[PDB]
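Following: one structure in structure tokens, then a few remarks.
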Amino acid sequence: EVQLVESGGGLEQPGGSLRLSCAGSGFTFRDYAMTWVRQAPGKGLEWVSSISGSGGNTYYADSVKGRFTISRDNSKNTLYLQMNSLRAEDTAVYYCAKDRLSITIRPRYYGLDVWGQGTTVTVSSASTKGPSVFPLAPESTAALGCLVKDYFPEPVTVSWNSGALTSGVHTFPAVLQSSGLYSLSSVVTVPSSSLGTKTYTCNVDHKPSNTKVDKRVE
Amino acid sequence: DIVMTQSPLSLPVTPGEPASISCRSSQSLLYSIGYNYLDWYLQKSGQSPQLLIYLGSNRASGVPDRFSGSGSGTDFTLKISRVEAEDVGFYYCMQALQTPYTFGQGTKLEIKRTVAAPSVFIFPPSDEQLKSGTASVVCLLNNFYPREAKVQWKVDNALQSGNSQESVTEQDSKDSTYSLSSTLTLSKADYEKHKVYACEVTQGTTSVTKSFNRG
């Protein structure tokens, strides 16, 4: 199937620079305009930049002109965004999307039909910090969880039992603590009769700090 | 830049009922007869946006029969013939006539359902955490409706203020409930001073309290 896979997100100082990447598969990459859209925390979608299939034309939102530069490597089926002179307003999840067929004499529009998984850019003067992962240990129903405490920047992902456990999982929005670090909890409800027989492990990933921790909750 | 505006911004709907979300553009989106450059997108909690409708009325691959787009020029409507629980999320219109592409503010589809009292669980700080000098006490409110619930922390029956934070999930795609966790942050020193830790959950005039003794 058609997929877009993004990377390159992380923390940079105000005034700093970062490059995002978006690798496409399952379509003839060079035939299509490619587009970046972002979403600031708790805000809506905002268009950032587009580039035609051939790289013949580029387009930018007024607030990013000059500072941001879109590019593509057709031979690697990859779209890039060079983000210079970073500002607080640039803190967002960045999505790439497949845009119009641009090889034809008249471009053909199919919507932004395929989107990447997103990558998070944080512009802040602080340092990266990896989380500690603490168990939340144990009616016929038991609740257990993990507390992912004191990390920066966003985000953290959590799965259970390497993705096998999906039913009854609640992963809460991160809270910004007064310390300026985030905390997140993830819980699951399970049969209390199962606690002796089956193991429950939370799988925590914080890509910015290269922290990938699995915590068995006894 | 073309300004896109949506109505409403919040849309509470009962499953099985129709829904209509409206989008207005500041300029005509009709490029030529039959071609209005207006799209609709859905974004579910913790997911990327996904295309629903393109060019005003074209339904994207794999989108249910239930979704349709209509309108022309400056006025557009996304319609859901019968709303399902899993339709919860944000809906955005976007114009693709000109760069910059511009989006409406987003409309949050909310599902109406019967009241449900939370299942409440309290978690002492882990021994692992207490090694560090901080204590987090966690209260979980599981699978409740509506969203409005008051959490009060009590330590040796003293009402806490200013030392707790909470966050809430978006509506569950199957059962349309919310879950909430509240975290009480104490110094380890303060935690070790006191015995009884209680989370009190209030809906209307009904309060449920879950507690543990540290000792």
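Chain IDs: alphabetical, in sequence-line order. Following the PDB entry, chain A shows residues 1-138, 145-224, kept in their order. Shown for chain B, in order and in the PDB entry numbering: 1-215.
- Modeled at chains A and B is a drug that PDB records call dupilumab.
- For chain A, the PDB entry gives the name Dupilumab Fab heavy chain.
- Lab note - chain B listed in the entry as Dupilumab Fab light chain.
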